[PDB]
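Structure follows of esketamine associated with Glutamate receptor ionotropic, NMDA 2D.
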Amino acid sequence: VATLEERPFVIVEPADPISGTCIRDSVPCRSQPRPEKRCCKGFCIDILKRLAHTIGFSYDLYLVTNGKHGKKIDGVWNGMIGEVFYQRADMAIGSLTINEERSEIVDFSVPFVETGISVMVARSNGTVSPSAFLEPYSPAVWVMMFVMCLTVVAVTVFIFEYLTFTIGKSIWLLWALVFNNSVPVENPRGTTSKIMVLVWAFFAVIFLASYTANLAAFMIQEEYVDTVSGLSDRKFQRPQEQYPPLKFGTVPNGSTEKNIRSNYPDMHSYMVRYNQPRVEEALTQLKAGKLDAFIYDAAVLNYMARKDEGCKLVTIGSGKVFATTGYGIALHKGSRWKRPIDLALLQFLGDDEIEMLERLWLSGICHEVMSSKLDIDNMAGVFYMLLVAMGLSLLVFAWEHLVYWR
Amino acid sequence: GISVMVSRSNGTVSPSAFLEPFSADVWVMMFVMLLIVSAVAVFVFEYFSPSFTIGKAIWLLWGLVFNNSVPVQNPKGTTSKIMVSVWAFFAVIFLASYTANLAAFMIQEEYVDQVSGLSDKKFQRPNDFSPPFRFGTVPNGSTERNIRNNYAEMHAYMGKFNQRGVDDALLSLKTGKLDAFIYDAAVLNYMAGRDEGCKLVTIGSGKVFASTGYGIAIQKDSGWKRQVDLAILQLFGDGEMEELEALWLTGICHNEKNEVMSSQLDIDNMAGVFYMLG
Amino acid sequence: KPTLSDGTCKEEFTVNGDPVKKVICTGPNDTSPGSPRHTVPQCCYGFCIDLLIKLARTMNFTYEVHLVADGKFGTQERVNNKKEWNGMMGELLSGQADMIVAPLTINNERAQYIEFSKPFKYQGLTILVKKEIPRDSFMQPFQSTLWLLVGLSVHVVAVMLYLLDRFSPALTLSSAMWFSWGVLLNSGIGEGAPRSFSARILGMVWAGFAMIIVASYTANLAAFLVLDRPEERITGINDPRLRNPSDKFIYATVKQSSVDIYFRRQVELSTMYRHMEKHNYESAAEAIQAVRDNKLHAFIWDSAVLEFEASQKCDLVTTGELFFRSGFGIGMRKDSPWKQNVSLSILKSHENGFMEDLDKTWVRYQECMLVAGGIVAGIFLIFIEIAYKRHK
Amino acid sequence: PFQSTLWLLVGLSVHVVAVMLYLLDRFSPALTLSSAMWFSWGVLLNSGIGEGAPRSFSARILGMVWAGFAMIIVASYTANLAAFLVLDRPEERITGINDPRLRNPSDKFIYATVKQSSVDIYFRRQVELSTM
Amino acid sequence: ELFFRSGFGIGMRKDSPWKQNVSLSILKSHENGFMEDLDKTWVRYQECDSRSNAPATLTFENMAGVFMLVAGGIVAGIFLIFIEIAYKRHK
Ligand SMILES: *[C@@H]1O[C@H](CO)[C@@H](O[C@@H]2O[C@H](CO)[C@@H](O)[C@H](O)[C@H]2NC(C)=O)[C@H](O)[C@H]1NC(C)=O
Ligand SMILES: CN[C@]1(c2ccccc2Cl)CCCCC1=O
Ligand SMILES: *[C@@H]1O[C@H](CO)[C@@H](O)[C@H](O)[C@H]1NC(C)=O
Ligand SMILES: *[C@@H]1O[C@H](CO)[C@@H](O)[C@H](O)[C@H]1NC(C)=O
Ligand SMILES: *[C@@H]1O[C@H](CO)[C@@H](O)[C@H](O)[C@H]1NC(C)=O
Ligand SMILES: *[C@@H]1O[C@H](CO)[C@@H](O)[C@H](O)[C@H]1NC(C)=O
Ligand SMILES: N[C@@H](CCC(=O)O)C(=O)O
Ligand SMILES: N[C@@H](CCC(=O)O)C(=O)O
């Protein structure tokens with residue numbers, strides 16, 4: 001067989017100095033002299049261990065060196081595909097992504113883990129929704145109360161006629177009670193008239209008390225927000241737009257680039273200058289601030305977004321995956337091994353053992369809002385309400401220079 | 001062992017909950033700061049342009065800290081109007097935080113509990129002070145034998161509440177006929193964790209008194225006794241024993257953080273405030 | 001959908017042009033619930049049908065589509081004395097068909113008789129249950145006993161003022177009632193400033209009584225609301241309720257299909273399998289219709305079908321965690337020459353992004369007082385007092 | 001709570017919202033600047049010192065809605081201080097032995113016991129957890 | 001959470017004449033509660049606990065700055081009087 005090195009799936013560690021061999025729960029990986037016999041383990045290898053037992057055969061590992069994975073260079077291949085294609089080995093297990101360009105020259109088993117292209121971005125330092133006119137009971141109580149005040153003010157005026165206290169002056173009192181106090185007013189002196197004001201207050205206190213408490217609810221829970229909807233978003237599609245352009249830099253030599261270079265040619269013109277040599281060194285760039293986006297696999301990023309950087313590193317879409325495709329085991333397109341191992345993989349999904357391996361290695365810690373010590377100026381919910389209030393004031397102001405003039 | 005399970009007693013009883021926000025330090029010293037600033041206004045408003053004195057200096061100033069709606073007599077002169085205004089800014093914050101903290105204190109409440117253990121006076125004295133308190137257990141068993149040997153005084157009184165089985169006792173709890181059950185612990189904890197409504201709880205959050213254990217009885221001086229025990233100890237080693245109970249002895253009513261599910265406050269909770277005017 | 005009067009297919013359109021593609025479709029009509037009937041032409045269209053027409057383009061087809069005879073998906077069974085296949089898989093192995101385009105979950109038993117190519121999508125298995133509605137909220141934070149006790153406090157404390165106004169060593173009784181009423185209600189009615197220290201020393205803290213009582217009020221709704229969160233929600237498999245049914249919690253699935261295979265091959269999953277044999281529903285919509293009528297507490301069925309339903313009715317909510325990740329697929333016999341080209345042409349759809357467009361069209365984008373009357377409840381007070389004020 | 005920008009934005013707001021009252025009533029068929037300075041500063045701080053109410057059919061509408069503006073600012077201020085007094089300290093506490101940090105070692109954590117004790121026997125006998 | 005439950009015991013050499021005549025006094029002492037008294041006088045007493053998660057008993061340690069603003073306004077009052085005093089005669 002042939003394998004490579006990946007952080008959570010197939011991991012390579014140096015041998016035991018004392019015994020000169022591999023500790024238990026490991027299999028000896030040679031590292032083509034062919035010196036320095038190493039040790040290897042992980043989630044992927046434990047799959048190979050069971051399949052060797054159930055079917056029955058003798059195997060020895062072999063780590064590739066000439067390249068990493070497939071990339072057709074003038075009609076010749078390299079990496080794992082570059083070796084199965086040339087009869088040097090039969091199977092090629094590890095971190096391999098099925099694609100059209102590879103199923104032509106080798107066959108694949110039934111995929112056992114879902115993957116795809118997904119985006120990874122650093123979390124904000126704190127955010128909360130604007131929520132203009134923070135919803136007390138949805139925009140319905142706003143409509144109904146307006147009629148009620150006008151309805152009762154006539155009722156007040158009705159007892160006024162039984163007694164100047166015009167409508168305009170009297171209505172003003174009926175309203176300033178709702179919005180707390182400290183707006184000087186003129187209460188009438190009608191004894192039986194003043195009683196209805198007392199009941200009117202009981203509407204005010206309950207309404208005001210209910211509102212302030214309920215508003216704590218929509219800003220005690222929260223659900224954060226999202227940024228950059230997806231791959232087809234305009235912030236990606238036209239990088240030469242205004243403002244400091246974003247940085248993408250997917251790692252080259254794989255399906256995560258071969259996909260883009262056949263579907264978004266204008267993407268590939270600009271993404272090239274921001275490449276990263278490897279995976280781990282990209283994340284520190286992301287946390288420092290050199291980059292602001294990352295295009296890679298789904299299983300690798302989601303695991304890498306839940307081990308240690310899950311404190312402040314997430315994936316857009318709450319795990320959304322684009323152009324889904326699974327992993328799989330290569331073969332020789334005639335190796336007649338396909339029929340048994342295909343049954344074996346579906347057998348494992350039959351009972352619940354793949355999950356048992358899944359929760360032993362690909363486990364998580366993090367996943368939930370912050371303190372939001374901001375109350376940022378981006379509220380604008382009432383400031384816009386302030387400015388739109390100024391405009392309506394001036395519109396009726398022109399009646400002063402028109403009615404008198406006419 | 002032996003435990004006691006009682007009803008949830010509806011919401012927790014938390015008297016004198018009003019004073020919990022802030023502390024005695026600020027209150028005992030905030031008040032005197034008004035008297036000083038009230039005197040300052042007399043010096044501040046003494047000049048220029050109607051007998052605002054220390055008699056009404058407090059009344060106006062004391063009004064604002066308790067919201068508003070206190071009819072007053074304003075001072076006069078632009079010299080002093082600035083002081084009472086900047087005093088108002090001190091009224092909003094004191095009000096704003098106090099409300100925004102009492103609720104913040106009330107959400108993280110803790111459950112009140114009723115009795116501590118079998119040594120409590122309520123158990124020792126059946127009806128000496130409180131109204132008749134109700135408890136009983138199923139006889140024929142083991143817990144009755146322990147009660148007779150060590151608590152002979154309470155074993156005479158509790159004879160007129162005997163149940164007949166575990167299920168029939170539980171219904172009498174909800175109906176209010178019985179409100180204290182003393183039975184083996186390994187059954188109550190399973191039962192109290194797999195009940196609809198999660199309205200039943202063990203006192204002390206898993207409290208046991210005379211710790212013994214279950215076991216497999218064998219005929220006296222049998223040759224098997226050397227091998228059976230060794231087999232059981234091995235099941236601890238491989239963890240088989242420590243995951244079986246996850247298969248038969250689990251519930252949904254989590255007994256963590258002492259979830260209160262609202263308080264539905266009553267007369268009793270605000271006892272002190274009805275006393276403060278008294 | 002049934003045909004038109006003259007037999008032509010009905011015509012529709014999407015939100016923007018793009019006519020929905022349709023094809024004539026033969027099969028049973030009444031589903032044969034004991035009353036068999038002949039086949040009559042019908043109209044078949046949607047997401048899966050939209051896949052054939054793309055598949056027919058690069059492979060030179062002349063296809064005709066007929067629905068299944070019985071209705072079930074497929075499962076091995078023994079008949080009075082061999083083993084055979086019912087449902088679809090009976091028809092594929094019997095030579096009445098050559099390719100299956102429908103939601104099929106690939107599994108171990110089926111893979112030993114037919115191949116599967118590569119999946120459409122990926123999914124799992126979830127559970128569907130009804131919802132819970134919350135509660136108006138006006139007289140929520142207080143009990144009945146509270147109002148009648150705080151209410152009687154104002155008058156019993158108001159009268160103390162008058163007694164302290166007629167033994168001074170300038171307040172009338174009527175004005176005292178107003179001043180006591182006003183402070184709690186926070187309203188500027190009249191003027192009630194009292195005289196003398198003793199009459200005033202009560203007024204020092206009486207206003208403060210308004211603070212605490214009102215302060216606790218807002219405290220409750222903050223407490224009561226965010227901490228309502230009814231203890232609920234089924235957390236998937238291995239829940240204690242599922243392993244030990246109490247016969248007041250009935251959960252069943254669709255007959256045959258795949259879930260029956262799943263809960264049968266596992267030996268530990270035998271207690272539930274025995275219980276659900278008496279409730280299996282022979283459809284994929286009656287059970288959904290049954291749950292909305294509170295005649296079936298739970299329901300185990302495929303994720304893609306269930307999740308779409310929750311987003312369309314706005315009345316059923318999924319739950320749990322996925323626990324059987326298996327894709328769909330296209331089936332055909334072990335000897336057809338289309339094995340290699342069919343499976344390859346699905347892959348060049350995911351890479352080209354075509355399968356996202358069908359998702360947008362067919363799945364995703366179909367997302368679905370007492371206090372007020374209290375202000376009006378006091379109008380009769382003036383009417384009763386209209387004449388009384390005149391008399392005095 | 002709040003933020004430094006909002007207070008200065010508010011501080012600039014009161015003066016600019018108060019002045020246009022004078023410009024509104026003065027050129028219209030009894031007010032003074034100090035009242036306009038006082039009236040605006042009155043409502044926001046909730047003080048009775050403000051005395052002179054506007055007298056027209058156009059100043060009230062701007063003034064009345066400004067009485068609405070005082071509701072949100074204070075009500076939000078209360079509703080945000082509750083956030084800092086209910087949100088618990090964030091931390092990923094160690095949960096049993098099943099935590100992935102135990103199963104998969106890292107150079108950040110160091111594990112200690114008592115030598116030749118029961119824990120040593122319990123650990124160095126199970127192959128699956130024979131990892132750390 | 002507890003993950004391997006066992007119990008301290010009194011160990012002896014195998015087949016000593018006290019194998020079965022000691023484990024009655026340990027086992028009988030549980031009924032008398034004598035094992036409880038030894039528990040509350042050598043294991044559990046005064047401590048500082050979690051006190052749930054987070055109380056609220058505000059005091060000077062956090063609530064003191066606002067008391068300086070009114071103090072800051074004290075001084076500005078003296079300054080304002082003199083300017084107010086002088087400006088009266090300027091008319
Ligand atoms: C991706 O594949 C390209 C294809 O050759 C590699 O490019 C060469 O890299 C080596 C050094 O690593 C040098 O020969 C040149 O810099 C590159 N061009 C040629 C023509 O050789 C590249 O190294 C691969 N990326 C990674 C990360 O291995
Ligand atoms: C008495 N002041 C209240 C208030 C709350 C928040 C903000 C301002 C104010 Cl004024 C009004 C509603 C009842 C509860 C309360 O504390
Ligand atoms: C318990 O014991 C008494 C006598 O000791 C016996 O009469 C009775 O039947 C037993 N069972 C019950 C349930 O009381
Ligand atoms: C098959 O398809 C090709 C192009 O798709 C077309 O030219 C040809 O006529 C079709 N029929 C046959 C029999 O080749
Ligand atoms: C499958 O597609 C290839 C593409 O070139 C074609 O040559 C081949 O004939 C096709 N197979 C069948 C059975 O049509
Ligand atoms: C065992 O204990 C009993 C207690 O009654 C005592 O009489 C006897 O002497 C003891 N025997 C030994 C061998 O210790
Ligand atoms: N190893 C696969 C997946 C990882 C990646 O896309 O970078 C590839 O090179 O395509
Ligand atoms: N667990 C006890 C129950 C009887 C009792 O509580 O005394 C037994 O099995 O005997």
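Throughout, protein chains are lettered first and strands after them, A, B, ... in sequence-line order, and every chain is numbered starting at 1. Side chains are part of it too, since the values below use all heavy atoms of this structure and drop only hydrogens, waters and symmetry mates. Excerpt of entry shown; contacts counted in excerpt. In each ligand, atom 1 is the first atom listed, and ligand 1 is the first ligand listed.
For esketamine, every matching ligand or chain, copies included, can be listed as ligand 2. By chain letter, the other chains having a heavy atom closer than 4.0 Å to esketamine are A, B, C, D. The deposit lists the name of chain D as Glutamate receptor ionotropic, NMDA 1.
For chain A, the UniProt transmembrane segments from the N terminus with any heavy atom under 4.0 Å from esketamine are 2.
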